[PDB]
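Heading - carfilzomib (bound form) complexed with Proteasome subunit beta type-5
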Amino acid sequence: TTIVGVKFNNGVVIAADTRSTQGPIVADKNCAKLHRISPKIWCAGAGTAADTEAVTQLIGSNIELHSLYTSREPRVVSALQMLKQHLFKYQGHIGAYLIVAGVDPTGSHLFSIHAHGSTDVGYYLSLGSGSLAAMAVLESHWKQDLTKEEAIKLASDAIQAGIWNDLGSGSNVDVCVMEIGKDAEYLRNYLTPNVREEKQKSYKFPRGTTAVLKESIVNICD
Amino acid sequence: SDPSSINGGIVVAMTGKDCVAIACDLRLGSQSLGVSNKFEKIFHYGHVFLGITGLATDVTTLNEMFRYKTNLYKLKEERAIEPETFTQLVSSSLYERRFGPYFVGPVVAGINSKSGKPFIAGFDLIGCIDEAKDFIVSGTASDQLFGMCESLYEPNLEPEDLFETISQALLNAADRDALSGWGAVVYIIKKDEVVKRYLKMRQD
Amino acid sequence: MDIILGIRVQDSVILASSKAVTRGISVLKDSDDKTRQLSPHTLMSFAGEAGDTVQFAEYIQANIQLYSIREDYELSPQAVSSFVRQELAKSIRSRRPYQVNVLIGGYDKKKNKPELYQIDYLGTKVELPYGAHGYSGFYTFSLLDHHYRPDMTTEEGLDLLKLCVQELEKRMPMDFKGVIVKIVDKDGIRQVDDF
Amino acid sequence: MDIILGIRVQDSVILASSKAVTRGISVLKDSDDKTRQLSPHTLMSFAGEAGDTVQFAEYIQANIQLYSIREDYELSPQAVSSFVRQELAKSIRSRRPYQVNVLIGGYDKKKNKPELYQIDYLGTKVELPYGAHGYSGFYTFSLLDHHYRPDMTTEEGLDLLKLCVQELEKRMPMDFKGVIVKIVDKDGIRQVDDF
Amino acid sequence: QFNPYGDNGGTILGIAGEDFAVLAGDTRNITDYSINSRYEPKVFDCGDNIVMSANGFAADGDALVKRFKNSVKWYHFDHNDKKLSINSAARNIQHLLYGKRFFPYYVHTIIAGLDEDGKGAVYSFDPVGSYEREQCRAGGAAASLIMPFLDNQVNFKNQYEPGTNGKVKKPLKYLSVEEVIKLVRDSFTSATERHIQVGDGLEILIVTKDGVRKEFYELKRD
Amino acid sequence: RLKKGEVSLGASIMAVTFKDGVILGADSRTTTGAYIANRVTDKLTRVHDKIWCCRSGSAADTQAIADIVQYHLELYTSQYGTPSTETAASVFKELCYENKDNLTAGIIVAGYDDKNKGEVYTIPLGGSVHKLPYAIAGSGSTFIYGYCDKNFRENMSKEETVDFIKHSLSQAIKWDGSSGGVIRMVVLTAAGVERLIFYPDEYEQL
Amino acid sequence: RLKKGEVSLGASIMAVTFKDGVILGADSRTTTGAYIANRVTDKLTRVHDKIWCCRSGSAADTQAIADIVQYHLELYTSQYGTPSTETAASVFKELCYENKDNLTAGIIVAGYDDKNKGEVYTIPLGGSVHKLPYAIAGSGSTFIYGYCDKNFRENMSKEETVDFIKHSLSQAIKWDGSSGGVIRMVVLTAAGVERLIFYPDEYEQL
Amino acid sequence: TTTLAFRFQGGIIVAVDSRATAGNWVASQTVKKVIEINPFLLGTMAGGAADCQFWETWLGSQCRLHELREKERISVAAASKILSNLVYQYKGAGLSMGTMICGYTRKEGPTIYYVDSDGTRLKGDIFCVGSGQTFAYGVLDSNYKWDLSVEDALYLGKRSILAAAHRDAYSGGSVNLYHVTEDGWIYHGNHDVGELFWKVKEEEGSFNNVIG
Amino acid sequence: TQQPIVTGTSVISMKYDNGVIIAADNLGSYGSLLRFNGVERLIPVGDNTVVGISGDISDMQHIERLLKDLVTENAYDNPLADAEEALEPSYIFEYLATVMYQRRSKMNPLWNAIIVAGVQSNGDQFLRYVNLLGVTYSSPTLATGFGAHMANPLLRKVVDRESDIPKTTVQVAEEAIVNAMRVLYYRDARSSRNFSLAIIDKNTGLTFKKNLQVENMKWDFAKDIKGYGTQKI
Ligand SMILES: *[C@@](C)(CO)[C@](*)(O)[C@H](CC(C)C)NC(=O)[C@H](Cc1ccccc1)NC(=O)[C@H](CC(C)C)NC(=O)[C@H](CCc1ccccc1)NC(=O)CN1CCOCC1
Ligand SMILES: *[C@@](C)(CO)[C@](*)(O)[C@H](CC(C)C)NC(=O)[C@H](Cc1ccccc1)NC(=O)[C@H](CC(C)C)NC(=O)[C@H](CCc1ccccc1)NC(=O)CN1CCOCC1
Ligand SMILES: [Cl-]
Ligand SMILES: [Cl-]
Ligand SMILES: [Mg+2]
Ligand SMILES: [Mg+2]
Ligand SMILES: [Mg+2]
């Protein structure tokens, strides 16, 4: 994976590639690494794929119950605290590397969490195998007082650096913009710069090519 | 002593125009020794089909477990479980055993009875969902299946054409894997009819 | 413990199991019966780790016998095999698993059909026309692939079984001191005394 | 390679050696002669690591035959045994040692006495009334302690040897496919065809 | 402890026709999750209408090709400029490889050309020198993906004549240079999609009686 | 001791008592091997109003500990009023000592009482407690033992103590690859709490 | 890298160039584990009239090397005249580099030419050569990187350089258990060769 | 691999499969595991592919040099011993070879020698070598008689490989048949298991474990 | 079998329209200790080649001596040593590549990663990599160690393929290299601020720049960062 988070004027944006690997094999060419914890708190995940999904859903569930209990919109620090304490308790064995971002009554926030339960604060962050390629771009082009459109451009460019230069990352670029006072917009497949070219030949077989031994109707009804 | 490659086997699933296909080989062995040539790896709960590769004891255990759970589902819900919902149930159940997992590679396939949309999905051993428009592969010849599917597959295939594509994908992949083969079964699934065909393949 | 075989024919299931019990460089016994009757029409042979084998077999035997008394009814071979598989499937993830491999030969009285199930210590169940555990299979499976027919009689099955034992006695490294053969059919379980 | 025995009696030396050659779970051959004639009145049996055994035996055979041609004279069993021991004693401190154990049965024509030497792969030589290599000794030594007498005939020695083979066939784990027996006396070396 | 071997990734593919033979290979070079080069050729014209590629550990691959090219040169000097036949080259390569049986060249070697009857020939080698002439062979990282597709499309495996009850097999026939290049391009685009170590570019070397032609095609760079 | 692949807090941290109270100081570098995971980290952390600590070792371990200590001292305050710096160090020790096997946390505790003035307690890997006039810790501290011992004096002024910390950490940063970035400082006195920062362009050319 | 149980030369050694030439300095302690095998060792050793070296690492290895170098330079002198300090360092390097796996020798080479004045070459474990204004080495040198970097100046006087070495090694000794005893020094100038010694009672209370 | 060769009334039958594997990856289905040393000598190959191919083609060169020097075809014993002495020199180095040297000469008659990479050399009437040797033994031993006809012997050899090809995961592809007589070796074709299995199943009525 | 002791980090490089640029910092690390600071890791050979070396410094100094000796040996009995028969970048590289692979084959490697940058006699740009394993490759941009992970992505945005080389000027190319060196200083724990840079142009020749420093750094935003999550002060 490559995942990034970038703060701007009136909020925060996060982004991610869409490659899922199995050793050297690409298992999913278009998987979703951006996760909704609450309506306006989103999470980018790298590492063990099941762990990032499971831990984000569990905390997201408890955040919802907490929001209902307190009659308040949830805060990013609550998700941060709940995630880190959970991950710490499992001493790194739950391999989730997260970039947590969102807006709440306190303001806009951007954090990262590592598998062992350490958290970091920043204006720009990157995690995953292509974090070095992404951070190189972020360190080169980031500035204070970014606009919405400038932050999206910087974030996607940082993901692209991972897509092209890191073998662990590829395919498309997902984005989620979380602005203050507005609904969060999830931009699934914001960029698709890796479309498969037309095949040279159709491999549609003549009907009857495959040798068959038996046929039978299967009963699915009661 | 690698649980996922003791018994051997493969499963593949594909989508077509208003239809889905799911196929599997029949081999069960103990490393080099071929033991059974009747060991089917595809099961179904109502109209939802589940294929499972990997350690055979877990394949059997999980089939029995999901039959258990889907039966209680139907009694309480008063309706058959749908592929999208079943996919989530599989994922939950596998992740429940996160640090002592079932050594399996399951594959869901089916048509949603309400919307009519074709649906397929795959998982790793700890429950991570892998959804796909085109195809899902699993087993000891997964590399081979990935190669066959990626080249042979095209979208919106008719049920009769889709049968040929998935069958050729499975057969030629199995023939390049020592632990897969010994027969094969293909399920063609339309909205309200399901055909099951046994393939003739080389028996070595 | 080493050699256990099983052959399902037209009207019966035949189980053959080696008589030798060896510890170290000594054959301690040459007349060991590696089987237990689970019910009147169900027989289970076993092989594996010392102690585990008999302890497991008798534990299953007690449970099936308890069921028979409670319901005044005999469980089908398929039902017994499923019960046995689940016990082994539990076992493999225990602190100390049962290292036992079994064959279950039975006659289903409702279907009027013989049934042979092969289950390994992991809880891997398969129904087969012929089965074997351990190194035996590496010789007997190919042999039976050639000579076995589905419509054979019990006598034809015993000759087919003699052909397996001869091959094993010729090519196996260890002396397993012959086999005890038992037949399971519509009339129950009986032992062939001269083999 | 496994079982090699040797018994010295009044007027002859008798060597018995198993016929089985096993690799993995297969008995590849059941008629293997694990011995070489070093000279007309000297016979050496052998057992140990595959390949090493025959390579070593034939190498010794070539050397003793070379000596016989050069001097037009037959070396005494004691002299041959000493030569063999030294070769093994060199071998054990080589880059790759010969992992071969041998028995040397011979008839000394000058002394008119039979002689049996037991030499292991380390080069450990002992003259004995009866000898064995491998696990065989754990049964045969105690048996011979009881039944052996120094003034026995060749026929009495063969019956004593039959008693050893029977015990081994009863209590040994592996099937060694019987033995080839050979007698060494004043008239040279001959093989017993029916054992 | 020092490890003298490494994995440079990539994949290669050889197909033989009636009067021609092709040897293709991607131009990507990698170590771990990094890209070293997007264009580093590993299919070489070695003279005497023989093309060669040694895929795997590039240092060993280069060393081998270098030694074979040199073997061809000295064959001319020692045998009155005689043309080295493809079968003779194959046997010579076996001895190069087996010469290092106890410290092997970690490569899958494929050579292609024309035999002494003018017909297309492809030979393939294991790391220690075992070789075999074939109509078809894929080698390298994505060999397991491509090879079964070739069995199906080049040698018509598992394909029967429609309506013949799976009794009559699809008859074997030579493929045209046009049809072969279609299969090569489709094989590599498919492998690029699902294998992370395969991409960037495709270089094909075609061998006819007239000589050695080249063709290049772009591949996805993620 | 560090778990494989976990963020390393290897550091250049120090706390120095002086006439008006105590000053904590630290670098801002966090590493995963030789990659710098965060170049602008805050290793000085509040457990109470005027009781702070410097963190080194494992990022995860030190954070988890500091969060627990903050909880304990907040609960202490609700029942018994403001805790002493010694009390805070004791709570740190109890966690570090009782879990010495599972933790990698080299913590310096520093606080300001009105009675006891500025105090510094250092807690190394073992879980032992050592009350000192000043303390240094982290991977980069090895290189400045000589410098700090020769240059430290008791009852320094604020400006002198800031210069002492700045020069010391500058050297630690210069020689330790695991240390770098900005130099953060926190001043604890009767006046209140003051945060200071110093950038490379300034401290490198000292 | 040390062989098991072999004598350890872990040290506090340094060589410093200055206006009139160069000065070598060293502690006196040898250990096998925690036992001090020799407390009065001379770690400053002559390979030529005005080319000396400081030894650290393995006692046996450094001695064997120094003896070979002395032999080479004596033979060099008989044929080609006085060798440069660079030449001496090259001979040390050649031995240390070519036998890097079997040796543990951290050597500092220091000499005085008339043309090139005072020169210092340091040779760490790897066998690399580094020409520097001053150099520090040995187990105890870690503790004085900060101090020495802050306090070193080029073109110092003899008395200043002696004070710089004395204060530095004093701190290294104070913090390193593997260093101790007396502080030996050797002065290399145009005037000649001068040996100096400094005892604990003096340098400890600096 | 599965390879066999047995001696009988009408000479020697030699049968081999054609599969080559790298772990569970089926690398080839068309490998030639019988080497044709000369018109009267054959060699079978099991184990490491390169080791077998390289050293058995080398063996052929040594046999050619013998008949040039001695003006006479090499004996099966001498040919096998050249190979066994060679691998013995490499003992411990990790060669992996299970071979059978089969042929006819005047002085010896039909002869088979088993030679492997740990130095074992054995003369014998029947041998099966490879990962599927036991499967071949099961069928071969239970149907073997000395008085088999050339037609029946050829089939039994073919059927024994088929049996192993079926059960052994690391054997398959196709069957290569040879018959060795006093006049030399005779090739009896390549038989693909793809068609042969079903042909044998239907005609013989065997393989009832498989879904027909 | 070796283990590297005193080590040098990233070497980075790229092609531009008329030539090539190469750079490397002046640090000699001893594990985590940043021990030596005056280490030159770019070594010119003639007036048309620069060899940049990372990894073990003792082995680097050995390679220096070999190149130095190569120049001497080429001059022997060679009237055209400063003209047609001068040492080319391709000659120097192939020599090193031969040595590196021979040493790995003897299980006693020179523990380095090397980039030979230069301009050929016909004006063509030369840029090729070789390491301890004897592995070689060429690309419009090349980098070692971290540089491979962080510099290459940045340099490939300027020259992504062959056709981008004529379009890239020396001003644009140097700017990217200097920027990359800053990023490496931010993020590589075994890097220093001081570095050397070399340009080999087909027209203006060899320009060797020493004692450069990373500058125009962004550190101001650090002051706003407090705690690791909740903490407000
Ligand atoms: C980039 C692309 C790579 O780091 C991103 O980080 C993505 C993150 C997104 C997708 C969440 N990472 C992955 O894709 C991740 C990489 C990975 C692989 C293995 C271990 C850790 C990380 N991939 C996965 O997690 C895949 C998801 C599959 C494609 C659905 N899972 C696996 O590869 C599982 C790993 C299971 C696991 C067990 C114990 C600890 C950690 C992970 N592996 C397999 O399924 C392989 N094998 C197949 C046969 O059955 C046995 C298991
Ligand atoms: C039956 C078929 C199976 O055992 C027979 O035994 C045959 C005998 C025929 C081929 C002569 N044996 C094999 O197929 C043999 C099995 C084997 C493999 C490895 C060691 C011993 C025995 N297979 C091979 O020799 C394969 C043949 C290739 C596919 C043509 N070769 C390899 O596996 C090579 C080199 C092995 C090797 C031996 C000794 C030293 C070094 C290497 N290995 C690879 O190709 C590794 N790998 C393959 C997959 O892709 C990555 C590279
Ligand atoms: Cl932190
Ligand atoms: Cl000393
Ligand atoms: Mg098979
Ligand atoms: Mg990529
Ligand atoms: Mg001391």
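Residue numbers begin at 1 in each chain, while the letters A, B, ... track the order of the sequences. This deposition comes from X-ray crystallography, 2.8 Å. A fraction of the deposited model is presented, and contact counting is confined to that fraction. Whatever order the structure lists them in is the order used to number ligands and atoms, beginning at 1. Note that these values count all heavy atoms, side chains included, but never hydrogens, waters or copies made by symmetry.
Every copy of carfilzomib (bound form) included, the relevant parts of the model are ligands 1 and 2. Other chains, heavy atom under 4.0 Å from carfilzomib (bound form, ligand 2): E, H. Binding site of carfilzomib (bound form, ligand 2), heavy atoms within 4.0 Å: E:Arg101, E:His108, E:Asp126, E:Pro127, E:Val128, E:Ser130, H:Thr1, H:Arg19, H:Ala20, H:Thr21, H:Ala22, H:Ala27, H:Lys33, H:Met45, H:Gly47, H:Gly48, H:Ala49, H:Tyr170. Looking at the model, one finds a covalent bond between carfilzomib (bound form, ligand 2) and H:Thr1 OG1.
The entry refers to chain E by the name Proteasome subunit beta type-6. Per the entry, the organism of origin for chain H is Saccharomyces cerevisiae (strain ATCC 204508 / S288c). With a cut-off of 4.0 Å on heavy-atom distance, the UniProt-listed bortezomib-binding residues of chain H close to carfilzomib (bound form, ligand 2) are: H:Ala49.
Nearest UniProt active-site residue of chain H to carfilzomib (bound form, ligand 2), heavy-atom distance to 1 Å: H:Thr1, 1 Å.
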